[PDB]
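Structure note - theophylline present.
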Amino acid sequence: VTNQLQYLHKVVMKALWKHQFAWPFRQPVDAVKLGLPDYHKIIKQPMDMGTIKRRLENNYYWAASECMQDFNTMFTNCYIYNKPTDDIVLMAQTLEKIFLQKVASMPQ
Amino acid sequence: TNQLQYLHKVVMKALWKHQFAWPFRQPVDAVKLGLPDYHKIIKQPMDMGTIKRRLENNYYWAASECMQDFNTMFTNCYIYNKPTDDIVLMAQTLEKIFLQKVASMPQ
Ligand SMILES: Cn1c(=O)c2[nH]cnc2n(C)c1=O
Ligand SMILES: Cn1c(=O)c2[nH]cnc2n(C)c1=O
Ligand SMILES: Cn1c(=O)c2[nH]cnc2n(C)c1=O
């Protein structure tokens, strides 16, 4: 458990997971339930904050770069898949700015 | 700032010289590039040239202001372009380097 991963769990995940915009990212996209049949045709590496939260919990990551990449993949999937006007894009944009801000003060 | 000098001289140099960085070294010219819808979809254009000038003339107050400009540039690319466009892959490749370099910023 590196200091950075610790920071990513205690500071970054703590901040993002409890956020009023977090709820659509707390679990993988359910393409059936959300009625997005082309989702897994366009997004080939799905990611979400539940997966990351669990991986930070089970010390799945060897580096912070890895956990950072997963956050980035989750936000990037949303910007790529969704129409520019979808509310979820601006929800992801809001979360991703918190993530960046926090990451600006991560150790090492 | 020590962090802004790291963004200038470690992160931005790595990104600037990358073989995929050429579309991002200067603002999108919607006219020359044939994209008249570009500014109706992208309301905050951003590019590494602007970020570079801004680091040179001391525009930024904090690292995170500059990291937010990098992100806006990448996010603009994902939002405007179709998922199949090569520029999407180019941006992600550049974005991962940025995330990797930022992890090692002086705290
Ligand atoms: C958990 N959650 C919320 O917190 C929320 N707020 C508004 N819609 C919401 N939906 C659809 C939801 O699932
Ligand atoms: C991440 N994500 C999306 O990318 C998306 N697109 C449409 N609904 C969506 N929902 C609810 C979602 O969670
Ligand atoms: C950033 N950017 C784009 O987002 C884009 N979309 C299509 N060509 C593009 N070019 C040349 C570009 O520089």
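Heads up: chain A is whatever sequence line comes first, chain B the next one, etc. The residues of chain A that appear here are 75-182 by the PDB entry count, in order. Residues 76-182, in that order, are what chain B shows, numbered as in the PDB entry. According to its header, this structure was worked out by X-ray crystallography, 2.5 Å. We count ligands from 1, going down the list as the structure has it; atoms in each ligand are counted the same way. Hydrogens, waters and symmetry mates play no part in the numbers below; they use all other heavy atoms, side chains included.
Theophylline, all copies counted: located at ligands 1, 2 and 3. Per UniProt, the macromolecule in most contact with theophylline (ligand 2) is Bromodomain-containing protein 2.
By chain letter, the other chains having a heavy atom closer than 4.0 Å to theophylline (ligand 2) are A.
Counting heavy atoms under 4.0 Å, the binding site of theophylline (ligand 2) comprises A:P98, A:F99, A:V103, A:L108, A:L110, A:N156.
The nearest protein atom to atom 2 (N) of theophylline (ligand 2), hydrogens excluded, is given as A:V103 CG2, 3.6 Å; this is a heavy-atom distance. Looking from atom 10 (N) of theophylline (ligand 2) to the surrounding protein, the closest heavy atom is A:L108 CD1, 4.0 Å. According to the entry, no covalent attachment of theophylline (ligand 2) to a chain is modeled. UniProt's protein-binding annotation for chain A and the heavy-atom shell under 4.0 Å around theophylline (ligand 2) share A:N156.
The nearest protein atom to atom 5 (C) of theophylline (ligand 2), hydrogens excluded, is given as A:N156 OD1, 3.5 Å; this is a heavy-atom distance. Counting protein heavy atoms only, atom 13 (O) of theophylline (ligand 2) is closest to A:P98 O, 2.7 Å. Looking at chain A, most residues touching theophylline (ligand 2) fall inside the UniProt domain Bromo 1.
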